[PDB]
**Q** 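Please see the structure below; I have some questions.
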Amino acid sequence: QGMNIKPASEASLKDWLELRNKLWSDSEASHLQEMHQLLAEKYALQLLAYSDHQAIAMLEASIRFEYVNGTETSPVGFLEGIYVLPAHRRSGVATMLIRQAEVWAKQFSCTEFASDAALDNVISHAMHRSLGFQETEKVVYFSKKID
Amino acid sequence: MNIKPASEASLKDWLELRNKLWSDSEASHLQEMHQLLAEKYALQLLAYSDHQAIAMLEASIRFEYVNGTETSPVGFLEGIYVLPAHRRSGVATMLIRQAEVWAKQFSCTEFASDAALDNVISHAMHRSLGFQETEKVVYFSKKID
Ligand SMILES: NC[C@H]1O[C@H](O[C@H]2[C@H](O)[C@@H](O[C@H]3O[C@H](CO)[C@@H](O)[C@H](N)[C@H]3O)[C@H](N)C[C@@H]2N)[C@H](N)C[C@@H]1O
Ligand SMILES: NC[C@H]1O[C@H](O[C@H]2[C@H](O)[C@@H](O[C@H]3O[C@H](CO)[C@@H](O)[C@H](N)[C@H]3O)[C@H](N)C[C@@H]2N)[C@H](N)C[C@@H]1O
Ligand SMILES: [Cl-]
Ligand SMILES: [Cl-]
Ligand SMILES: [Cl-]
Ligand SMILES: [K+]
Ligand SMILES: [K+]
């Protein structure tokens, strides 16, 4: 319908920032430096969706060559994050973005698209299932300093 | 006891420990193992008691995003298997120590890992090995395809 999706760019950095920061909180300067890197990374995809003149959603994805939990192939496409403004969550925009993300990943001859979500974000689990993802594994991460 | 990297000569020693940890065909395991042997960013250690291989550890340097970490790249613990009769031996501590020395050659400052959510045994082990929990997540997949 009345929506369009385009890759993010320098012209749309402000739009992308607003949405990105609602998903992952950080300083503008930190987000912005990261976003410029992503623009120059061929294995990253960053899409915005518009309704009228308004940015309403964003998707970020990557191509992962390192092992991803739950997958059977490598490389795979990987959903790094998706955010749709609350008032626009009944528009199928998230489906439209994932579809375009899959077309992108196919260029790399990927056959699987993987993703993850925080264990307690059960709403996001429901959203993944609506987008056609099936749960593979639940895991707990650990870390330690060596230096 | 004796900890040494896997080699073309220890490939079967490695395989019959590896296949008890991760499910794959022998053919898939071996093709992967050969590649892993040549990869500078992949570690594979075996431990030997007398002359039996009684444990293995695999690790890597991960350059892509790792949940819960604060730096990148990072060392990453991919798996540890110990034969049941040696699980009270402390061999896993000795393997992890060596894996840290290995990761330090790259100026890594952080060593990460994960475990299945339902593998409470591995959770204890990670803590015993000096790791602290960071994040819990659920993975998903769909065919494109
Ligand atoms: N989308 C769901 C996922 O969100 C996060 O991962 C995501 C990270 O939070 C993202 O990191 C981003 O957000 C974090 C803060 O959360 C910033 O510090 C960082 N600079 C910024 O790039 C990173 N770029 C992508 C990664 N998939 C969770 N760690 C895991 C969760 O399943
Ligand atoms: N150590 C704990 C982890 O074990 C597995 O990950 C591990 C994977 O199972 C390992 O993959 C192995 O096992 C998978 C099957 O599980 C095979 O497809 C693959 N070819 C084979 O190499 C892969 N090479 C390393 C990865 N950390 C679990 N998916 C996650 C768990 O936290
Ligand atoms: Cl989440
Ligand atoms: Cl549901
Ligand atoms: Cl596990
Ligand atoms: K890009
Ligand atoms: K190696």
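In what follows, chains carry the letters A, B, and so on, assigned in the order in which the sequence lines appear, proteins first and then strands, with residues in each chain numbered from 1. Counting starts at 1 for both ligands and their atoms, following the listed order. Just so you know, these numbers use all the heavy atoms, side chains as well, and skip hydrogens, waters and symmetry mates.
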**Q** What drug shows up at ligand 2?
**A** tobramycin
**Q** Can you peek at the structure and tell me the main thing tobramycin (ligand 2) is bound to, named as in the PDB entry?
**A** Aminoglycoside N(6')-acetyltransferase type 1
**Q** Tell me the other chains with a heavy atom below 4.0 Å from any atom of tobramycin (ligand 2).
**A** A, B
**Q** Which residues are in the binding site of tobramycin (ligand 2), using 4.0 Å as the heavy-atom cut-off?
**A** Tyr67(A), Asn69(A), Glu137(A), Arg18(B), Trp22(B), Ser23(B), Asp24(B), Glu32(B), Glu78(B), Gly79(B), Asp114(B), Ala115(B), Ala116(B)
**Q** Residues of chain B touching tobramycin (ligand 2): which UniProt domain claims most of them?
**A** N-acetyltransferase
**Q** So which heavy atom in the protein is nearest atom 18 (O) of tobramycin (ligand 2), and how far is it from that ligand atom?
**A** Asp24(B) OD2, 4.0 Å
**Q** List the closest protein heavy-atom neighbour of atom 21 (C) of tobramycin (ligand 2): residue, atom name, distance to the nearest 0.1 Å.
**A** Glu32(B) OE2, 3.3 Å
**Q** Which residues that bind substrate according to UniProt in chain B have at least one heavy atom within 4.0 Å of tobramycin (ligand 2)?
**A** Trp22(B), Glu78(B), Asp114(B)
**Q** Enumerate the neighbouring ligands and ions of tobramycin (ligand 2) below 4.0 Å.
**A** ligand 5 (chloride ion)
**Q** Got an N/O contact under 3.5 Å between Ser28(B) and tobramycin (ligand 2)?
**A** no
**Q** Any idea what organism the entry names for chain B?
**A** Acinetobacter haemolyticus
**Q** In terms of residue, atom name and distance, what is the protein heavy atom nearest to atom 25 (C) of tobramycin (ligand 2)?
**A** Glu78(B) OE1, 3.3 Å
**Q** Which tobramycin (ligand 2) atoms does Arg18(B) reach within 4.0 Å, using its non-hydrogen atoms?
**A** 22 (O)
**Q** Return a yes/no value: protein heavy atom under 4.0 Å from atom 16 (O) of tobramycin (ligand 2)?
**A** no
**Q** What protein heavy atom is closest to atom 13 (O) of tobramycin (ligand 2), reported as residue, atom name and distance in Å?
**A** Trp22(B) CB, 3.4 Å
**Q** Closest non-hydrogen protein atom to atom 14 (C) of tobramycin (ligand 2), residue and atom name please, with distance?
**A** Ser23(B) O, 4.4 Å
**Q** Quick one: look up the protein heavy atom nearest atom 29 (N) of tobramycin (ligand 2) and list residue, atom name and how far away it is.
**A** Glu137(A) OE1, 2.7 Å
**Q** Could you tell me, atom by atom, which parts of tobramycin (ligand 2) come under 4.0 Å of a heavy atom of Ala116(B)?
**A** 32 (O)
**Q** Among all protein heavy atoms, pick the one closest to atom 11 (O) of tobramycin (ligand 2) and tell me residue, atom and distance.
**A** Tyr67(A) CE1, 4.1 Å
**Q** Has tobramycin (ligand 2) got any nitrogen or oxygen that is less than 3.5 angstrom from a nitrogen or oxygen of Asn69(A)?
**A** yes
**Q** Students should be able to answer this: which protein heavy-atom is nearest to atom 31 (C) of tobramycin (ligand 2), and at what distance?
**A** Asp114(B) OD1, 3.5 Å
**Q** Could you tell me whether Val139(A) and tobramycin (ligand 2) have an N or O pair separated by under 3.5 Å?
**A** no
